[PDB]
Amino acid sequence: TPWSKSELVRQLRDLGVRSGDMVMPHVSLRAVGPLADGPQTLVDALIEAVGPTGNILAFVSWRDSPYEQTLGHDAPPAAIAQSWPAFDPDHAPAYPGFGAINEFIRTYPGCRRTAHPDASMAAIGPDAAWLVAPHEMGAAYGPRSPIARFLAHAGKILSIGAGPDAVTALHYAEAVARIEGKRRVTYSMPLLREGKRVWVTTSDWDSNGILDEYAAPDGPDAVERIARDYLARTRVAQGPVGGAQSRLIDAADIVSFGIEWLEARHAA
Ligand SMILES: CN[C@@H]1[C@@H](O)[C@@H](O[C@@H]2[C@@H](O)[C@H](O[C@H]3OC(CN)=CC[C@H]3N)[C@@H](N)C[C@H]2N)OC[C@]1(C)O
């Protein structure tokens, strides 16, 4: 019997979501199980749960981000530069690998979209415009990003059947951690500025592992390491949303822990 919107709202209330909250969801729809009207049922429940003064923030990225195609070059390679689609925030599909629910979030009426094509964030609520802009190339997840503003606004991270690697806000801890050997990446994104397509090349922190030892593709990254150590140590509201085991995490607290975690393990 598929979960109804009102059943999900009650479960979110049980978990500790309150009207007015600013929530960042990370969702496994397979863990959630069948929904009355598909993924939209959970989007609707999240919006009801946070109320008209609350907010939803999601890391949605872009299905067609030219990340690997431009990585490590000081300019987009010519064949990429000449034909890649410009990122059009109100028309760009979410990256499917960060959750199929994100395409439902970002197409929700009134949803806003940040201008960083690879780190793109989607936001719903009165603070959505303040959350999504600015989002400059060179500020993907650290200071001046939407995640930084989320962290300054008592954000809660809502993990709904998702693994400990799916805690994007921890990339803020990596950005500001005073440790040696931090990995950086250089890539190019095609933006729209006044309807004109403009290639921007930038460097930023490597979001696939802030240090070498965390960036092997067949091992856990720093986000997962930090998140597992935090969840092993911290009382966190836990309970079902649909069929999925869920956690409601204080975003400022886990990011503070992560900064401490990184700085304790690596010299300045
Ligand atoms: C759309 N462009 C993408 C580009 O943004 C970047 O995505 C990052 C992404 O992997 C990270 O998620 C995975 O991280 C790891 C360890 N590597 C294991 C499983 C995931 N939790 C996320 N935390 C931060 C993202 N920025 O690289 C891939 C890409 C497809 O090119």
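The chain is numbered in sequence order, starting from 1. Read the numbers this way: they start at 1 and go in the same order the structure lists the ligands and their atoms. Method of determination (from the header): X-ray crystallography, 1.8 Å.
Found at ligand 1 is the drug sisomicin. In the deposited model, most contacts to sisomicin (ligand 1) involve the chain that the PDB entry calls AAC 3-VI protein.
Between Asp165 and sisomicin (ligand 1), at least one pair of N/O atoms sits closer than 3.5 Å.
If you number the atoms of sisomicin (ligand 1) from 1 as listed, the ones under 4.0 Å from a heavy atom of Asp118 come out as 1 (C), 2 (N), 3 (C), 4 (C), 5 (O). On the PDB entry, the origin listed for chain A is Enterobacter cloacae.
Atom 30 (C) of sisomicin (ligand 1) has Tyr95 OH, 3.2 Å as its closest protein atom, hydrogens excluded (heavy atom only). Under the 4.0 angstrom criterion for non-hydrogen atoms, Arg63 is not in contact with sisomicin (ligand 1). Residues contacting sisomicin (ligand 1) within 4.0 Å (heavy-atom distance) are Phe59, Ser61, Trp62, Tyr67, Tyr95, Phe98, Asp118, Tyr141, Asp165, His171, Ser207, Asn208, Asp221.
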Which pairs of nitrogen or oxygen atoms, taken one from sisomicin (ligand 1) and one from the protein, are under 3.5 angstrom apart?
unit_1               : atom_1 : unit_2 : atom_2 : d
sisomicin (ligand 1) : 2 (N)  : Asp118 : OD1    : 2.8
sisomicin (ligand 1) : 5 (O)  : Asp118 : OD1    : 3.2
sisomicin (ligand 1) : 5 (O)  : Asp118 : OD2    : 2.5
sisomicin (ligand 1) : 10 (O) : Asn208 : OD1    : 2.7
sisomicin (ligand 1) : 17 (N) : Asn208 : OD1    : 2.9
sisomicin (ligand 1) : 21 (N) : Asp165 : OD2    : 2.7
sisomicin (ligand 1) : 23 (N) : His171 : NE2    : 2.7
sisomicin (ligand 1) : 26 (N) : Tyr141 : OH     : 2.8
sisomicin (ligand 1) : 26 (N) : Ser207 : OG     : 2.8
sisomicin (ligand 1) : 27 (O) : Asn208 : ND2    : 3.0

